[PDB]
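Data block below; observations after.
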Amino acid sequence: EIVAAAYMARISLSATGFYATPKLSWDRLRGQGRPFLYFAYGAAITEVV
Amino acid sequence: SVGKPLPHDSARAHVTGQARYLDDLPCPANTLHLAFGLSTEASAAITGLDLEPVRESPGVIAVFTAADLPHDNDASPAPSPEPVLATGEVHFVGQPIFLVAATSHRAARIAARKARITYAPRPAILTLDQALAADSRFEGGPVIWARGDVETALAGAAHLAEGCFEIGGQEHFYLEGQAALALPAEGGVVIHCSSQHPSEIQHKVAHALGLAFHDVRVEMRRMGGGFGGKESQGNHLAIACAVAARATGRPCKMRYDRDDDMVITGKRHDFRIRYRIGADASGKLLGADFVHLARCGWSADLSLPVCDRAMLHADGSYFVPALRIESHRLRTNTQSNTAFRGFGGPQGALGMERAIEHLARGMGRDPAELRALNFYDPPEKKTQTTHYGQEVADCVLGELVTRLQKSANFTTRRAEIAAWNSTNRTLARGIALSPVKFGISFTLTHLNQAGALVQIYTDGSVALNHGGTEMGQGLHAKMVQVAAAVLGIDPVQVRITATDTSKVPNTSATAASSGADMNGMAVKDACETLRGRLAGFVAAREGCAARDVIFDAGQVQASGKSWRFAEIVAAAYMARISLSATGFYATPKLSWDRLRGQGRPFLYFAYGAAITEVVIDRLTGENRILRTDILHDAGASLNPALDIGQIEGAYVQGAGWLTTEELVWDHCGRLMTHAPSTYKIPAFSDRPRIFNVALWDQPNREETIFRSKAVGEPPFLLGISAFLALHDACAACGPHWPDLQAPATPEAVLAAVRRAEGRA
Amino acid sequence: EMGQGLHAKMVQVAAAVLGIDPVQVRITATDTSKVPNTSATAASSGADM
Amino acid sequence: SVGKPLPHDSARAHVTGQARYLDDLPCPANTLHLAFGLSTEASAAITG
Amino acid sequence: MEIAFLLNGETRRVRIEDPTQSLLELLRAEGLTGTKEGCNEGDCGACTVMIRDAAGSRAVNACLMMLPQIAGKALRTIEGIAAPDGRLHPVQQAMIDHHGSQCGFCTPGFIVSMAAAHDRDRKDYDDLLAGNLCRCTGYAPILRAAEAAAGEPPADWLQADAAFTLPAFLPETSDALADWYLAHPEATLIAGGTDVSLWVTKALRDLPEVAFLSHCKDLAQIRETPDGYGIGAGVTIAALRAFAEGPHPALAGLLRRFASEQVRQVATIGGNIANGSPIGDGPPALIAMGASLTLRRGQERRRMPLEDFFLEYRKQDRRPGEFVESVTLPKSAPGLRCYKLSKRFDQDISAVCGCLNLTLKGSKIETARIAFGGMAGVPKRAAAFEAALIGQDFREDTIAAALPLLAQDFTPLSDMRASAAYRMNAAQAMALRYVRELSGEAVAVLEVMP
Amino acid sequence: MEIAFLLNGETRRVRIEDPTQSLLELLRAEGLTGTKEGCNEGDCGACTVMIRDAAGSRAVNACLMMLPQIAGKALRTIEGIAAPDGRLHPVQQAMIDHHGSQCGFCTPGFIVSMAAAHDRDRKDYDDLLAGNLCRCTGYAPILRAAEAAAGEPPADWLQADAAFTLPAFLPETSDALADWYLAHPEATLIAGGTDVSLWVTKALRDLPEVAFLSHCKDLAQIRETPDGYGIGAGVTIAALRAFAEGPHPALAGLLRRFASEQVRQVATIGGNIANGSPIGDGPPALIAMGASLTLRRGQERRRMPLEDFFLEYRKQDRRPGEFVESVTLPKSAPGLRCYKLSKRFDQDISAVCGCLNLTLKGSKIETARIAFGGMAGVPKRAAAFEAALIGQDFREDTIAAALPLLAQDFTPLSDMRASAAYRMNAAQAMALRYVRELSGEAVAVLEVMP
Ligand SMILES: Cc1cc2nc3c(=O)[nH]c(=O)nc-3n(C[C@H](O)[C@H](O)[C@H](O)COP(=O)(O)OP(=O)(O)OC[C@H]3O[C@@H](n4cnc5c(N)ncnc54)[C@H](O)[C@@H]3O)c2cc1C
Ligand SMILES: Cc1cc2nc3c(=O)[nH]c(=O)nc-3n(C[C@H](O)[C@H](O)[C@H](O)COP(=O)(O)OP(=O)(O)OC[C@H]3O[C@@H](n4cnc5c(N)ncnc54)[C@H](O)[C@@H]3O)c2cc1C
Ligand SMILES: Nc1nc2c(c(=O)[nH]1)N[C@H]1C(S)=C(S)[C@@H](COP(=O)(O)O)O[C@H]1N2
Ligand SMILES: Nc1nc2c(c(=O)[nH]1)N[C@H]1C(S)=C(S)[C@@H](COP(=O)(O)O)O[C@H]1N2
Ligand SMILES: O=c1nc2[nH][nH]cc-2c(=O)[nH]1
Ligand SMILES: O=c1nc2[nH][nH]cc-2c(=O)[nH]1
Ligand code: FES
Ligand code: FES
Ligand code: FES
Ligand code: FES
Ligand SMILES: [Ca+2]
């Protein structure tokens, strides 16, 4: 009911969206910078024969 | 770019036959084809329906009936239903009763004719009077609007004219026929059709299949002509196609053979118009009282808005202190009428037009001054209003007609004609001038919105997409042009894409000559956002202010440096600046009340004028247009070529409507004229031998896309001039009122001649 | 989508932010005429972004 | 909704063979089909 | 059965298994999607394609023409109007530069008609395009295109087709025909096929036992005779028009408005006659100028006056196995004049067709041949009027005074085309025309220049 | 030639013009696009479909199966696993509930396998599924789904198929066979066709003169004999496996890793043998257990001990028109032990397959049959090693000391699967394993539980 009402009020129901990760800067040749936003972690213990 | 006379966006493609329309699209080998089997009665209960011969016909695969419909069964563009397949009873000859999917168009057609159907007939209503008699109507009673008090006005009037006359319908005859295709696509469907209204096709198919809207996607890239014929009757095809598809598991396409198309779809509302008009001694109108009987057909379709527009145009081009309209929308057992270029407008206008002419003959006055004397006042205390109460603040009619009369050598010609007539006894030429004032915007207000979505790729090229549909009227080019103008690049970089409810949603039908006015804004709106992003980026980069970044001719300039648009985009890309945007627009200032007949239902009016000259043959009524001259106002045209073209074509169509175009039904309701061999649109040689068309070039007062003005319907009303002239010729043949009815076929003309001649 | 669940997660975010049940949101095919200039889906960054 | 353990978006369709992948899409009868012919040499000049 | 023809420059051989298929359908089913279908009934032109052979090249409607008919001809559709290297034909650029299109759908049609016109340097546009309806543009911009492109060298690539070729029965000789028809009286003879195809496309009929006559050179001849001209049944209405331009302008003037050039190019006088319709436009005129008709059965050969061929609506003096072989026209008939009245001038069916021929003994009416189409189940002379006319003086008033007779000669129908009152009134009106015309008065609306 | 089968419940009759085409293709060209193609080579399972006839129901690879093979059978593909009213099969819901699909592509195949297992209440999933590879999920979720569905009553709608049926040659009896082959010695016999289809799919080869053996009930029997068991050539590896589970657990054990259940259900022992590969897994074991093989030509019948059937790589003791009819196994052989060694345990080709059978005179070695696949152009016993082994005591050190004799018995090759030195060393290792095993020590990695 809200949506229909907006349509009749003539409100656009369409939109695009965009995003760019922040904080990144680093230099390949020198090997220096922040090339990553954050780090994923974990651990695993395997047993075999 | 806006402003230059560039060609249609698919010119070359049209001209080498690569442009594809619906039936040209490639489709899987298993695609089925469909055809409706139609009722042969105007009004009856269906009593038996044996389809066995159908299933048994070659190549047939599924057969359908209202009962097989899995959900809704309703294609109407309005709150009251219209079944797609007959539910127990039929209401006009043509009404589809069941549906056949076989492995080929012919096949389906052939099968559609083998049903064994029994009907229990009922008295049928086929004529306005019958309707009237039986109170067979829509909207529980007529609609009445009144400004001032007419009967008073007319009782005390120095001059007067009462008259009644018929205005016949008109079949669109779009060269590409109704058509559609549906492809099951995991869970949902995708419909391709030839429609002016994909967002509705979506809605109706969705409901037909029980699916939320998001599971249905209508794509429509081009129609071969629509003229309103496709504002709604695209629904039945799409529904059947989607429904057959859901059942058989496979793609199903449907296209009407011409004969079916003319029998099933609607046409322009034929009208009976009854008028009394009156004036002053100096000629100023005192009041005009009008009754409109309109033939709507067996279901509502768009009768409601249509008849509202004709009322809304019953003032024609003149200011009238008092004016009344009583509008009946009569229901009858025949094709459900619908939109057609003009959407009521012509009917209402021709109404006032016929009268004012009758008035003029009445007082031995020259029609032209009579009109010219009553046009609304030019612009620039208390501005006049229309009878619905909307200020008319932009009527340039006085100026324009003047200009036209001069440029057309009006006066002199008029004399040359009188002379010529007096020397002839078998032929008479006649000439007339008629004006046009048309309001712009849907009268159903919330339809006036549009959306666009625009993308700029890293190589700088662009893909434009908007809600409109191209039916031959140049919409896409205008939208390309606006886009290239706002982003500052050459049109060549802008590509148009097909209309697709999955790209711009919730669109209105492309109609009411509102295609360009609104989409134009929307695109401009997107392009403005995009340009905005580019300037912001350039500015920060080159330290300085966005508003001094300049985009023109494919080049961007800032702080003395300059670069190619591409180079800017790539860089914004590298900089991570979104290059995509939507855009949307809603026409401002509108408000009005249908029941009261008061408000501002329109943003601005479109005008123009036309002077046509014709000759008729006093013995048989044969006749034809020798010359026409038009001067029409398209605002600051977005594309003069494109506009001249709509003007020329509309004129022809308009005239076509009042001359050889004639619909005929038989005593049992059957459409007798259902094929080009018997319904006759203007053929090449009916083109006027001298056809001068030119534009009034003046900005629009109101804030529209580059101060242009809608130009798709208005010009259609210039056709009246032809009828008017046809009637001038009759008038020249005797001293009585010719009382020429429309359409003016030769039989019709010959009848007018005799009246005026007094030979019966 | 290549099996990793991206479209569900995207439907989920959408339904959450809009305040409605996920059933009301349907995903469409990736299409460059609809969202442009994209990076490949990779770097385990499909959903983050 | 974020946070709940919901199934993949196309799980019903995976599981009944309705999800179409590229070779499952229907296409016009006249569609052509391709294949590369390959080098049989680790490194060479093509002479003929 | 196998036939061959050139298709847009390429040689093509085809296995006909259904001889009744229209050219329009082969085409789209081959994916030559460029030729549109707009009515499938002959009137719109949207299916126009260009054929060629020894007689030259013409544009005709693909929707009326069935396969067997194009054997050994060269065919060119819209997709092959442009040159192999991609260059547009002068006619396309023209249409582009002049905005000759809006919706697009009627275009391939015009281009093909325009091209074929261009190929033969014909410039009578109004008549050449009569058969291409466009609902979008008003036509004006199309005339500019045609004009603009006429100042341009013909397309070479299109003339190269000239060099070419150098189930259902296809006689090559009138003899072969007569033999076979004789054995298969019940067969369906197809000439131009412009009336027969609507039986398959609209009435959804199916015809077995079929023979095509457009391959009998000897049935389609124009022979000068001691006492008139011998016209073969297979002669095309366009052709008949061309020939008449000389000795029978009136007849020529009539045919101008007999369908469109696209139908005239293949429609046959035999056919127009054999069809037997009271609205045929051939018969009235021919009867007015009192031509004769020749039937044929095996080697036998009757020969009546035309009007006598028509007994009742839908029924003719034709014997089992008997077929129309020619008609004969006098060397001259200055008295002829023909009137065609319809809702619209070009490409339209007659409400009434008036054909008048009067001989004079100076001021006195010697002979009166008066025929009408569309006022009865059959075309027929108007005896009582004719009669009452002999011997009287040739002035308006005499005629004025005989009119009523017409209402006894005929008692016309009413229908979508026109009401009986009007058809009647109009028949009468034609005769006033005839006097006024012969007396040199201005009478015809189509001759008025702006 | 026309055959008939039930397709997802519906009866279907097909005209075979190419008998070599695969079920996977008919299937797709019919548009039953749910059966995927992922290797076309038998290894992936992605094309798995379910067939059923009177022996019961089984899941098999449609990419290996040609059409004439399903005649009279009942075919169920993924698109027919759910009931007609739309209900999903217990297995489907399970898959949805437990996230057993990510990319989706290997799913219809797992469903088909899973369903077919459910049909027969089979629960050995690691084996049932070895032949369905999935690259996305780790298998774990699928075992959960399998497990959760087993607690659910079988689908009634799939069982109803049991009611069914109640150019290229198709023999119904060994006689008809022997006759026909005799006249067409050069014909291509196809049994299971799990080796022959790769000639058509990968070598792109084309076979004319073809006969299918899977319809000779009499060629696929297991008969109890006075002195052993007589196994028909058409008996499937699955079938053989099942029979041996009792009297020949070691052979059974081996067959558990012979291809996958999907292949095992149609691959035949006859074929394994007739293919003649030195890596076939059958022969070494049978040789070790000392089985004999019967050939047959017309009515004639030879009969050597199996090892003798293999002469040279790619070359067998087979006469024109002679075919393999059965093999015969002793009633028992407790000493057999079979080792398969590959890169991966399941569905893999052997780098070396070693089979050993020793008989004992208390602590003393009476007989020693020792055979190997993969270490030579042909499966062969290890004579020098066998010989040096008799009379000695069965302890690890005597075996240790005879090892080098294997280097004389075989000179293994090198290839992608393994280097020569490894193949060799492995052979030797197998011997040591055999003592260790029989001597009661723990030695197989596949029997250690976490
Ligand atoms: C678009 C359109 C516009 C038209 N305009 C006109 C018009 O204005 N005026 C008019 O009169 N007609 C008009 N027609 C119809 C007209 O009669 C035919 O198009 C034409 O004259 C018949 O020529 P045809 O060879 O095609 O006849 P066909 O279609 O070949 O059919 C002739 C009929 O007569 C039979 N027939 C043909 N040849 C012989 C033979 N020689 N001997 C015995 N029987 C034979 C055929 O069996 C068939 O029964 C129009 C039709 C269409 C398609
Ligand atoms: C995915 C996959 C995995 C495999 N894994 C293994 C593996 O684990 N170990 C292994 O040993 N093999 C394996 N194989 C193949 C093994 O030979 C076959 O898979 C099977 O044993 C051959 O059986 P068949 O009935 O299909 O023979 P077919 O393919 O039908 O043909 C075998 C050859 O024998 C001929 N032939 C068949 N029957 C007779 C008859 N009785 N008399 C004479 N000639 C006949 C045929 O002409 C053909 O030449 C694998 C194959 C595949 C596809
Ligand atoms: N060539 C062509 N022009 C046309 C039509 C058409 O179908 N073909 N439809 C008309 C109708 S009904 C309207 S309402 C306007 C639409 O123009 P617009 O999109 O810019 O509003 O097109 C008019 N011009
Ligand atoms: N089931 C499945 N999971 C997968 C893959 C795949 O093809 N299928 N691609 C891997 C790779 S390379 C990436 S880079 C991530 C993508 O995660 P994301 O898209 O959400 O960034 O898929 C990982 N997980
Ligand atoms: O007001 C309208 N004017 C229209 N013109 N063409 C279609 C129209 C419509 O729905 N409404
Ligand atoms: O850094 C990257 N990591 C990736 N993973 N998968 C694709 C990747 C890429 O382009 N870049
Ligand atoms: S389709 Fe209209 S003339 Fe052929
Ligand atoms: S452009 Fe539309 S009919 Fe010609
Ligand atoms: S497709 Fe891989 S096993 Fe058949
Ligand atoms: S789900 Fe992707 S391969 Fe198994
Ligand atoms: Ca219509």
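Per chain, numbering begins at 1; letters A, B, ... match sequence-line order. Note that these values count all heavy atoms, side chains included, but never hydrogens, waters or copies made by symmetry. Be aware that this covers only part of the deposited structure, with contacts counted strictly within it. Counting convention: from 1, in listed order, for ligands and their atoms alike. The header says X-ray crystallography, 3.0 Å.
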Margin query: Help me out: which of rimantadine, pyrazinamide, ipidacrine, alendronate, oxipurinol goes with ligand 5?
Written below: oxipurinol
Check: In this entry, what is the main binding partner of oxipurinol (ligand 5), named as in the PDB entry?
Finding: xanthine dehydrogenase, chain B
Item checked: Other chains, non-hydrogen atoms under 4.0 Å from oxipurinol (ligand 5) -> B
Next item on the list: Identify the binding-site residues of oxipurinol (ligand 5) at 4.0 Å, heavy atoms only.
Entry: B:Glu231, B:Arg309, B:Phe343, B:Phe442, B:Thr443, B:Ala511, B:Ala512, B:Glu713
